[PDB]
Every structure is written in C-alpha cells, then in structure tokens.
Amino acid sequence: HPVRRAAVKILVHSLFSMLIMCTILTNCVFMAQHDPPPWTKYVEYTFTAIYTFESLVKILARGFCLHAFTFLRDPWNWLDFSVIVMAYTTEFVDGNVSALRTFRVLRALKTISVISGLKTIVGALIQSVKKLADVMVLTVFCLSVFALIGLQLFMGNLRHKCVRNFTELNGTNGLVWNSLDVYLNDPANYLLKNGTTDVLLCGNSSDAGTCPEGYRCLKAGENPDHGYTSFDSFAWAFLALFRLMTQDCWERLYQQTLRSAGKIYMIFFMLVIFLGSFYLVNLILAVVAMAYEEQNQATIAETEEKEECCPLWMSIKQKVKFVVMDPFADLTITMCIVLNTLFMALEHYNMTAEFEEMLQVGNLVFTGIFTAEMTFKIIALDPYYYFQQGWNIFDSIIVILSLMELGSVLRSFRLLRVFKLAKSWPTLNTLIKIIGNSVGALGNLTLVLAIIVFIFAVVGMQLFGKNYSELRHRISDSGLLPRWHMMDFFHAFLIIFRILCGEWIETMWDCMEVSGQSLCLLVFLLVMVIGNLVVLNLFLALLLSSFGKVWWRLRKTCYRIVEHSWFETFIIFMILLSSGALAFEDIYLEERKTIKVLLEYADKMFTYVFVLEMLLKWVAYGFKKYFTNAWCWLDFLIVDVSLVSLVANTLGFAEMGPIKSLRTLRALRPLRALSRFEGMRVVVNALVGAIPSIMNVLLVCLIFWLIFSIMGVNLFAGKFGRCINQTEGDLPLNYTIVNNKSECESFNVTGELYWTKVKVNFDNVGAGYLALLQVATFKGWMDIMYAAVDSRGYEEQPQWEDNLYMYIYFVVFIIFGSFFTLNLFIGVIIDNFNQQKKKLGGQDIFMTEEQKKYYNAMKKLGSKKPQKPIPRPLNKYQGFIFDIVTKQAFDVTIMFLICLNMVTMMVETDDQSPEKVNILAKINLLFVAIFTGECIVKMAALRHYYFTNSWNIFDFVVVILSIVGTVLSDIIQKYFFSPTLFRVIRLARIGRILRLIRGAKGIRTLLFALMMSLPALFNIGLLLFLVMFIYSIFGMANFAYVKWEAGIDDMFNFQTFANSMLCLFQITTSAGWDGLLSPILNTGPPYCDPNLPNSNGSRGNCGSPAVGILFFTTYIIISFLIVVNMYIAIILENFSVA
Ligand SMILES: *[C@@H]1O[C@H](CO)[C@@H](O[C@@H]2O[C@H](CO)[C@@H](O[C@H]3O[C@H](CO)[C@@H](O)[C@H](O)[C@@H]3O)[C@H](O)[C@H]2NC(C)=O)[C@H](O)[C@H]1NC(C)=O
Ligand SMILES: *[C@@H]1O[C@H](CO)[C@@H](O[C@@H]2O[C@H](CO)[C@@H](O)[C@H](O)[C@H]2NC(C)=O)[C@H](O)[C@H]1NC(C)=O
Ligand SMILES: *[C@@H]1O[C@H](CO)[C@@H](O[C@@H]2O[C@H](CO)[C@@H](O)[C@H](O)[C@H]2NC(C)=O)[C@H](O)[C@H]1NC(C)=O
Ligand SMILES: O=C(NC[C@H]1CCCCN1)c1cc(OCC(F)(F)F)ccc1OCC(F)(F)F
Ligand SMILES: *[C@@H]1O[C@H](CO)[C@@H](O)[C@H](O)[C@H]1NC(C)=O
C-alpha cells in the first residue's frame, strides 16, 4: 500500500531521526524552565504534535492492529506510548492537583532510543546491576547486622543533651515549667555547642563529653540535627549505617556518637569503617569491574571473530628553505614553554607595579618568540603541514589567540601553551588519552550520565520548587534563600552534582525538612544508587581502556650475638618500650612529676642501648655490609639525631631554637619498627617500590592543577577577603554597610571591623594548590565555593550570589581533576601493583612467608567432597526423626523461623513500653526454645551431627550461649543488676542472625573472600597504625594547644594520645580534614592569640601553617595510597576466589 510504503520510508530515513532529536532537545530546554510564560503552552502542543506524528509514522510503518502490537513489542516504544497518552490526558482532563505535569521528563529518555549507541550503553549498564545482586544482598545484610548492633548499643543514646540543672519543689507537680512538659519544649535553655548552632551532647561514662558547671545531662530531648540521625528505631539505624557505608559526612555521626556514649566505641566505628564501609564499597568496585571485564572480553571477543613576483618569490622560497632547513630546537622552545608556565605562575594577590610591568614585558617577549617559531617553521618546510598536522594547528591557534588577546576570563588562552609538553611525556600522553576517551569511545556513556543528571535535576526542581520557595524559612538560619535549593535549574543541577560527588545526606535533610520524607528519600536514594553506579561504570571503563687473632675472636663473638634471636627480641621490646615512652609525652607531664624523670632516664637508656647495638653492628658487619642496607641507614640517621640532641643537652647550648627544635624529630623513633617486623617490611617494599610511578603521575597532576590554579589566580585573587565584623563572625552586614576594603579601612574607627581572607583561598599558586586539593578531595570545599560564587569585585565585599555562574569553574575542575586525575592515579597505581605481582611471579603481595602458608591452607579449606554422606542410625525412632530432619525442607523451615526471629529483633526501639518488653521477652523465649529443639534433635540425628561440620558446631555454641543468655537475663534481679552489663548479654543475640550465612551462597563467598584478605589487610593496617602513631606523636608535640575551632573540639584534640589517635582515625578516611586544618592555618589575631600562657613553656595557641599543611597533605597522600593498597588486596582476593 502507498501509505505503508511512505511510512516505512519515513521510518527508515536518516533525517527524521535528526528531526526527533532536535525536537527532544528543544523540549528539554523548554522543560528546564521554572514558571514558564503562558506563551509556551502552544509550544507544548507543537511538541505533542511532533511526538504523536512520529508514533503514527511508526504504527503505520507497521500498518495493522497486529503491527501496532509489534510496534509495542519494542520495550523502548512503551515509553513513547505512555508519554503520548500522558500528554493527551494532561490536556484532556486535569480536585485538581496537577502533579502529573512532571511526567514529561520521560521524554528526555527518548534520546536513548533515538541515538544509535545510547541504548546499547544503557543495556550494557543494566547487566552490571544484575551482577551486583549478591553484593547488594550482602550489603543490606551487613547494614542490618551492624544496624542491630548499633541499635542495641546506642538505643536513643544520641538524644543526650546538656540541660541546665533540674529545680524540684515539693509543692505542685525562673522555673514556671513542669518537668517533662517544660524540658522537651525547653531547647533555648539547652546548651549550644560553641561556635555552632547545634545541641551539645553528653554522657554519664567517664569518656563522653564533660558538661560545664551548671549543666547536667539527661536522655530527655528531641533528637540531633533534624531528627534523622537518631540510632533508635532500627529504620533510622539502617539509615545512619547506610550513611556510614557511603561515608557521606560520617565524621559528624562519629563525633556525635563518641560525644554521647563514650570514646571507647571508636572500636565500633572503626570496625564499620574498615570492614563495612571500605570493604563493601571496594567489593561493589570489584564486581562492577568484573562484569565490565566480561563484557569487554565478550564484546572484544565477538568483534575478533569475523569471517611580489613569481621568480623572486620562488627563489626566495627555495633560499629560505635552505637557510632554515633544520630547526631541531624543540628543547629550546620547550624550555621557553616551561619558562612561560613559570612566568605566568609568578602571579599573586598584591603584585608590585614594577613586578606586573615585568610580567607584561615577558608576556610580549614570549608572544613574539612563539610567533617567530610559528613563522619560521611555516616558511621552513611546508605550509601544507601547518594545514594538516593538528599539532601545528593548535600551535597556530594559540599564536593567533595570544595576538587577539594582546589586541577575568581574559588570560584563559595563554594557559593553552602548557599542554604541548605532552608530546614527549608518556604519562601526560596517557592523561591526554584518558581525557580524549572521555568524549570518544566512552562518549556514549558520558551521554548516559549527562542525560541522567538532567532528568533528575528537572524532576527534583518541579517536584520540590514550590516547597523550597514557600517553606524556605524551615531550611535556612536567617531569612534568606538556601545555599543549596532546587527552585531554579542551575541549583537543581548543582544538587544532583553534589549527590554525584558523594555528599547526599546533608541536603536530603533539607529536602525532607521542606518537602516530605517519603518521596524525598525516594528520589535522593534513587539518584544516589543510579548516579553513583553510572559514575562507577564510567570510571572503570576509562581505567580499563587506559591500557691480631683477638680481632677474629671479638668479631666472631659479635656475629654470634647479633644472629642470636634473644638479642633481636631484646631490641624489639626495646623499641616497643621507646615508642611507648613517646606515647606518654602529652600535655599532662607537668602534673606527672615522677614519670617526667622516669622517662628522662628512659630516654638516656634508650639512646645508650641503641648506639651500643649500633657499635656492635659496626664492629661486626663491616662498613660495607652495614651501609648496603637502607634500614641500617634509617637506624643510623635516627641514632644520629638522638645523639646530637643528647650531646647538645649535656654540653650546654641547648633549649633555644635549634637545638631542641630538632627533638620533635625524635617522633620518628617508631620508624625502627619497619625494619624488624616481617609485615611492615614487605608492605613498605611494596609501597616505595612504586615511587617512580607515583612521582610521575603526581608531576602530571601538578602540571594540570597548575593550569587550574593559575586560572584560579586570574579569576579569584583578593576577591575572597570578606571584612566580617567582630561580634558575629560572619560576612559584614550587607554590601552597602562595607562594600570595599578601602571602606572597611575607613569604617574601622572602632577596632570592631576586620578585613580577613578565608583560610584556604586562591591568592598564589601555593594556596591555589591547597584550595584545589581541598575541592578535588571534597572535604572543605563548601567554603571555597561559597566564597568564590560570592566573589563580586577585586577587593569589594561579596554579595550573596553575584558571579553565580562560577560554580561552573569548580564543576569543570572537579570533573577534570578528580574524576580524571584520581582516575590516572588509581589506574597507574593499580597497574603498577599488577606488574609487581607478575614480576614476582608469585603473584601475591603484602603477605610474608608464613602468611603465604596461611593463605594456601585457607584456600584448601574450601574442600568440596564431603565424608561418608550420612549414616542411617539403624534405629526405628531415630530413623524416623532423622528422616524428618535430614530433608532439605527442614533447613528451609528453620531458615524462615530464624528470619522471623531477625524481624522480631528489628522491632524494638527505646522506651518502647513495658508490655512490649514482656511480649518481646516471651517471643525470645519461644525462639530460643525452638532453637534448643532443633539443637537436641540434630544432636540426636545419629550421633555426630553436632560435630561433623563447622556450621553445626557454630549452631551448637550459639544455642548454648542463647540458653545461658536467657537464664542469666531472668535472674538479673536476684544477684545484681547493671545498666551496661545487660547490654552485652543482650547483644550476643546477633549470633543467631549469623546463622543465615549457611543457606546463603553469595554472602558466604564474599565473606570468605574478606576472610582470605584479612592477613594482607592486617599487615597493611599494621603499617597504617604505625603511621597513625608517628603522626599522632608529631602532632601531639606540635599541634597541641591550638585554638578550638571547627574540627578540634574539647573531646577531639591533639592534646592527649587518645584524642590524637582518634582525630587521625577520622583523617585516615580523608574525612573532616578540612575541619582539622582550619585551626592550624590561622596565624595571628583576630582568631588566635599569639603569645598566651600554655601548660608547657612554649607560647601561643595558633598553629603553624607551614607545618600544618605539610602534616595534613602528606597524611592524606599516604593514607590514600595505603587504602589504595586496601582496594588492591580486596580486588585481587575477590577475583581469585570467585
Ligand atoms: C546517669 O545517672 C543519673 C543519676 O543517677 C541518671 O539520672 C536519673 O535518671 C532516672 C531515669 O532514668 C531518674 O528516674 C526518674 O524517672 C522517672 C520516670 O521513669 C521519673 O518520674 C522520676 O523523676 C525518677 O526519678 C532519676 O531520678 C535520675 N537521677 C538523678 C540523680 O537525676 C541518668 O539517667 C543517667 N544517665 C542517663 C543519660 O540516663
Ligand atoms: C571601593 O568601592 C567604593 C564604593 O562605595 C568606592 O567609593 C567611593 O565611594 C563613594 C561613596 O560615597 C562613591 O560615591 C564613589 O563613587 C566611590 N568611588 C569610586 C571611584 O567609585 C571606592 O572608591 C572603591 N575603592 C577602590 C580602591 O576602588
Ligand atoms: C581594625 O582596628 C583594629 C584595632 O584593634 C586592628 O587590630 C589590630 O590589627 C593589627 C594588624 O593590622 C594587629 O597587629 C594589632 O595587634 C591589632 N590590634 C591590637 C591587638 O593591638 C585591626 O587590624 C583593624 N583592621 C583593619 C582592617 O583596619
Ligand atoms: O575518584 C574519586 N575520588 C574522590 C575521593 C578520593 C578520596 C578522598 C575523598 N574524595 C571521585 C571523584 C568524584 O568527583 C565528582 C564526579 F567525578 F563524580 F563528578 C566522583 C567520584 C569519584 O569516585 C567514585 C568512583 F569513580 F570511584 F566511582
Ligand atoms: C566552648 O567555647 C567557649 C567560648 O566562650 C569556652 O569558654 C568553652 O570552654 C568551650 N567549651 C568546649 C567544650 O569547647
């Protein structure tokens, strides 16, 4: 038929796909708008018309009722049918809620149907979620187990607050309240943690927060920040542990818990962090990588299987070719490029006039140099080369661009010259290859990601815009717009970007406080899971596609005594005790007047014994076999430091600058441990066995962040210093009161006004590097961005959102500097570890010889063939019962009963009700009776069911311990009752839940992989604990007495050793390190008080910026590299065992 022919031709045409695509794109640009004019209503009709016309084309290109069913058969078409009927209904009939008008975002999905490769990527991205099923089950299982643990441990524990004393009068029941009635409604009376608008927590233990004089603490209170962080009511415990699993702002929950319960529970938090968070996240990584790998093999595999005048002009041309035949000056011009990078790099905030003049002079110099090079090389060999070769293309592009610029985004063009260093730099060539594959092979998947971000940004914006705009007061401190809202579309895209980066809870609290918990949790959890999944798939695709006789006498005695094991154990326990003596060096020495001199003599004895064994090594091994090992160098340097410190102590001239400014370097004393301990040694050989690759890629990222930092100097410089007034510690008042720095210096007639910059800012390339590290690591970036998207003038006060669209600077950076630079680091580092494994031919690293024995035996532990299957008991009743229990049904019955027990354990909260405690206790007795019955029958299977297999003895011991738990819990009243000793007997009930590992198979395999990785992780964490130790002692001697600011409260400090190890624990996960650097960087008043009384003679309460940045940046790099070791061990183990 004619109609059918026409329809088919249109359906197959290549032009109408472009039609559809442009219509969808314009629909998207019309959809991103909030409160559109009434004009757009007819454009909506136009869009519906085009959509229905295309649907008509498709159904008539099939051309019958059955054909319509065939059109419907393609699942992507269902989306189009739904959207046409939805547009038709929304025009036909609309009491009126009009909520359906956000369903038009489904049209944006049609892009993935029209593009040739988009649906391919989305279909290959669903299979990853289908492989991720076992890890999702294990993740929710661990989250549930840890949720029950934290629920019993911290039930309603976060509620604690610092309430002002209780005033009780005999009569009834400046006062005027009635106990519970006044207190819950009390809040203002509550004590507000200093420097923050949050309730302060407390604790009855002698480890939680000390409450000031006049403030006792009682569980009676509403909840923490907004009511969503509470640990009671297992639902919210599952929320808070999903938060500790994504590590989203987990330092806040960690600080709040340990402020409530007691600093001991950092054991719980580090158990969750180092086995729940890290291990589950890296298992997700591993399984996504494995699926992709299989697809690549198959995908790669499937592809593989296939069946002026003319004579003067010419003369001068030939002669100039003869003159400049050979430039061969790439070294000269590359040194010119390097000098130009260094010359632009010499920009800063307050540049002297002559300095800026010299900058411009060298500017013109280098521009002339580069034009000269281009002209000579274009009149040298051939202009068809500068026509063809893209290298010459962009060289000349930069030439013309610089000329146009000489003819503050202005200087963005000069910084293009930096890139051409890549032609001889294989590593920067690899980063260039990565950035190219981003928009090349993986361009379709980047498109999937962009479409997803768009869909969610427009969904959220017109789901919560009215709410964010009218309930704005319930979301911000003062009457103002929020810093993060969804009313516009730029801001909704920023919220979805933030959620992509990994920080969702802190804006979901707002979205729930304004909109409503159900759908807000729905959309944010959805964007979390989906967006992080596509980001993970993109990251992994890129990282994959990147590829006399007394002399003899004494010397023999010395050899025998040095190879004597008791001597080695002597020095081992010696260095242990010396590290301890270091650990006792906190601020409370002045109160410990005996341990002072005890450790004095101890230090003298340590340096004596160590120089003694040094001399023994000297006279025994000879100056060659000694100075050949590097650890001997390490011991020699350390004893050298201690000896010079000691001799300068005794022989006068000490206790002033250097020296005694070196005795803090004594905190390297633990470093002797790496030499002797067989695990730290192998892991360190694996780490410094990578400094080549690490330093290469760090130079690459230093050049790239140099580009970005120079851009940041030009855009922001001096544009950051607010001039905030003294009483409130915030931005001045408004732009009008104090607009300019030249105005606050006029209005400072009273000493109230200060014009002080933000701590981390862009004023050099140094602080530029620092602000980029903070931003690209995601911790501490809130301050940089707020100050930058407030930057109005050059020294003018910042209005609240002027220069708004800068946010795009941090967006483009964060992408190109964290999803790409950290992709380079990770990819190269992982490749390096793989190469090391291949070279060792052993293929195993981080494990010593005995650890290899453990590993092989544990691998053998997975023996598949059982013993004699089962003996029939030869007895009548034993036979009947053995038949009724050996059936595979019996296991499923017990499994459902124990999942019902789990659900019984999920439903307790704090202060539930007495009758509820009774019902739950009776149900506990009932389940322990059922399990005792299962136990006795199993033991009566024949004779040995409770000894044949490890799972059975686990069942047996948990049954016994549950019986004991009941028989002790009912007799609490007779002998003695305790508040906390009951919780431990209550918590061993979690043992029953762990039965579920048996019937489950995926959970068993993944947990077994973790078990096989436990020794490697042990050695790695041993090195990490040693590093926490070194750094904690260094900070204890260094970072003590610093002012109490954002990340350093009374409980989390560097004063004692407990506090330092805690702060360093949270900084191990890169968390909160902005908060701990913030009080070190400040030098000088207003905030600090240089020269202040201290317990120790040393004066001042302000940290050293120079040493603080070194400390924190180096610790982040080291810890990041060691948790890359963790990621690597985990991935190897997973693949190896599954
Ligand atoms: C830390 O020790 C505190 C002192 O023992 C303790 O305060 C006590 O808390 C209990 C409630 O758990 C109070 O008992 C009160 O409870 C009933 C309602 O169930 C009230 O009607 C009565 O007022 C009754 O006294 C104790 O009175 C109270 N004791 C004191 C001295 O204040 C804290 O509870 C302990 N820690 C926490 C956070 O609970
Ligand atoms: C900083 O900004 C202020 C803006 O108020 C500039 O102000 C002088 O301020 C008076 C206010 O009475 C204005 O009428 C003048 O127009 C301002 N001068 C100029 C040149 O605009 C102040 O000059 C600015 N300082 C610098 C160094 O630019
Ligand atoms: C505003 O006035 C106060 C007066 O108290 C200034 O405070 C002094 O600031 C200088 C540095 O500029 C310090 O050296 C002094 O120690 C501070 N006062 C003291 C304690 O003597 C403040 O700097 C002024 N701010 C501006 C922007 O002018
Ligand atoms: O690699 C990233 N590292 C950032 C960590 C490193 C350790 C310390 C704290 N910050 C990384 C950076 C991202 O920035 C935003 C986006 F790229 F999404 F746009 C997003 C995801 C990222 O990693 C997720 C992945 F890829 F592993 F799935
Ligand atoms: C909080 O800050 C105030 C500042 O006035 C100080 O007096 C108090 O000791 C601080 N307390 C804690 C627990 O940080």
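Numbering of chain A is taken from the PDB entry, so the residues present carry the numbers 119-212, 214-292, 299-432, 699-798, 806-945, 1190-1780, in order. Indexing begins at 1, ligand by ligand and atom by atom, following the structure's order. Any value given below was found using the heavy atoms of this structure, including those in side chains, with hydrogens, waters and symmetry copies removed.
- The drug or candidate drug modeled at ligand 4 is flecainide.
- Contacts with flecainide are greatest for the chain named in UniProt as Sodium channel protein type 5 subunit alpha.
- The binding site of flecainide, defined by non-hydrogen atoms within 4.0 Å, is formed by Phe895, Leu898, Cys899, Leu934, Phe937, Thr1419, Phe1420, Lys1421, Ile1456, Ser1460, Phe1461, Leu1464, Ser1712.
- Close to flecainide (a heavy atom under 4.0 Å) are the following transmembrane segments of chain A, numbered as in UniProt from the N terminus: 12, 18.
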